[PDB]
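Here is a PDB entry that includes zopolrestat.
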Amino acid sequence: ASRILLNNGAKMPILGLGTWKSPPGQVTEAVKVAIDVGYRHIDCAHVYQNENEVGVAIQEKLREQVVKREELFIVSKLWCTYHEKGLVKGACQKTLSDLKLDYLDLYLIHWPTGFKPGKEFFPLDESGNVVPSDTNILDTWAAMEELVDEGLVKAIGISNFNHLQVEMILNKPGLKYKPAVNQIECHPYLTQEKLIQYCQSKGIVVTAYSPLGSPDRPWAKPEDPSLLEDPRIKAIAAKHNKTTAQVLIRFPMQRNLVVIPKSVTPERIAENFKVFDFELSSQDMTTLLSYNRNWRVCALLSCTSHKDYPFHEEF
Ligand SMILES: NC(=O)c1ccc[n+]([C@@H]2O[C@H](COP(=O)([O-])OP(=O)(O)OC[C@H]3O[C@@H](n4cnc5c(N)ncnc54)[C@H](OP(=O)(O)O)[C@@H]3O)[C@@H](O)[C@H]2O)c1
Ligand SMILES: O=C(O)Cc1nn(Cc2nc3cc(C(F)(F)F)ccc3s2)c(=O)c2ccccc12
């Protein structure tokens, strides 16, 4: 099926459009094209600085009656500088205002690490270390739970939480709502078997980000691995008469993951959606899993001393 049941009883489309790095000038048309060709899930964040322009598209398509709001699954995320309890509602309300929505389908704690509040997204000390906030993830979660109880969001979740962090939420004293989703980096170079099996065993749906290896990440280097140019992946695509990107989006779908490829290129937006008409074989799946190398796109150096940095640990 094209949608997966979450623990809040709502259904989530397993293919969504990513919006990180989509320039503000091109993301409105990008989202329009996406909705036009089938996408019903959009992955957003305040930190991406383009939620206004995303919302312009959603609103035009709602006004145009191309789609109904109930048919849309719009995801945003709470940025690290707003983990304080007094700041969570306003952060969510800013996002809703910019997206031109009265609710989000899903609102994630974006990273487990809280940073000092201020106008700066990445407040640093004079030596380049991120300035933490003394907020912890459990209190941030109570704040997220309040958003459900106020009708601003239909589901809450986390993002970039390791197994021990997930476990801390599930084991939170007085837990009122379990997390619906954990959104983590996942592709054939970072396969996450252990963390995914842990989350799924607990009824937490996993969304895979950077499924193409985020070739437009601004810190990419010549010697980094490249998924889209991996001849072993290209061969698998050739076998199926599909593109390499199509294989890389179908791969997580078959692991019962949600996947959110980003493009602002209309022909790639459409290509990326044409992944429901073919199957990878079990052997194809194990073969792609074998390319794991624990290679991470998203793991900023300046953040490695935060007490709650999620990637020292095994998973
Ligand atoms: N939770 C978090 O911490 C977190 C972190 C990272 C990402 N995410 C979410 O996940 C989304 C996807 O990850 P991502 O943006 O890092 O990268 P991605 O989706 O792995 O890669 C996007 C890059 O691939 C290109 N591309 C897309 N389709 C292609 C195709 N069919 N053939 C060739 N190239 C193609 C895009 O180019 P064009 O755009 O020029 O077409 C862009 O350069 C984000 O945008 C964001 O919504 C969340
Ligand atoms: O955030 C996205 O969606 C994409 C994303 N990733 N990264 C790499 C990051 N690595 C982190 C590591 C931690 C850590 F938790 F590990 F400390 C905390 C926060 C971050 S941001 C960025 O620096 C970034 C900057 C602007 C907009 C989006 C991003």
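Positions are given from 1 along the sequence. Atoms within a ligand are numbered from 1 in the order they appear, just like the ligands themselves. All values below were derived from every heavy atom in this structure, side-chain atoms included, with hydrogens, water molecules and symmetry-related copies excluded. Recorded method is X-ray crystallography, 1.6 Å.
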Point out each ligand or chain corresponding to zopolrestat. ligand 2
By the naming in UniProt, what macromolecule does zopolrestat touch most in this deposit? Aldo-keto reductase family 1 member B1
If you take every non-hydrogen atom within 4.0 Å of zopolrestat, which residues does that pick out? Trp20, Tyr48, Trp79, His110, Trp111, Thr113, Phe122, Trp219, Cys298, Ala299, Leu300, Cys303, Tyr309, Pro310
Quick one: does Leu300 get an N or O within less than 3.5 Å of an N or O on zopolrestat? yes
Which of the atoms in zopolrestat, numbered in the order shown and given with their element, are less than 4.0 Å from a heavy-atom of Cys303? 13 (C), 14 (C), 17 (F)
So which protein heavy atom does atom 23 (O) of zopolrestat come closest to, and at what separation? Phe122 CZ, 3.6 Å
Which organism is cited as the source of chain A in this PDB entry? Homo sapiens
For atom 1 (O) of zopolrestat, find the nearest protein heavy atom and state the residue, atom name and distance (0.1 Å precision). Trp111 NE1, 3.0 Å
When only distance counts, is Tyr48 in polar contact with zopolrestat, meaning an N/O pair under 3.5 Å? yes
Among protein heavy atoms, which lies nearest atom 7 (N) of zopolrestat, and at what distance? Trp219 CH2, 3.5 Å
What are the atoms of zopolrestat, with element, lying closer than 4.0 Å to any heavy atom of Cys298? 6 (N)
Nitrogen or oxygen of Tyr309 less than 3.5 angstrom from that of zopolrestat: no
Filter the residues UniProt lists as binding substrate in chain A to those having a heavy atom under 4.0 Å from zopolrestat. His110
Which residues that bind NADP(+) according to UniProt in chain A have at least one heavy atom within 4.0 Å of zopolrestat? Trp219
Using a 3.5 Å cut-off on N or O atoms only, is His110 in polar contact with zopolrestat? yes
Suppose I only count heavy atoms of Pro310 and a 4.0 Å limit; which atoms of zopolrestat are within that range? 14 (C), 15 (F), 16 (F)
Would you mind checking which non-hydrogen protein atom is closest to atom 28 (C) of zopolrestat, with the distance to 0.1 Å? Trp20 NE1, 3.1 Å
Within the displayed structure, which other ligands or ions place at least one atom under 4.0 Å away from zopolrestat? ligand 1 (NADP nicotinamide-adenine-dinucleotide phosphate)
Nearest UniProt active-site residue in chain A to zopolrestat: which is it, and how many Å apart by heavy atoms, rounded? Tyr48, 3 Å
Does zopolrestat have any N/O pairs with the protein under 3.5 Å, and how far apart?
from: zopolrestat; atom 1: 1 (O); to: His110; atom 2: NE2; distance (Å): 3.2
from: zopolrestat; atom 1: 1 (O); to: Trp111; atom 2: NE1; distance (Å): 3.0
from: zopolrestat; atom 1: 3 (O); to: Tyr48; atom 2: OH; distance (Å): 2.7
from: zopolrestat; atom 1: 3 (O); to: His110; atom 2: NE2; distance (Å): 2.7
from: zopolrestat; atom 1: 10 (N); to: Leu300; atom 2: N; distance (Å): 3.3

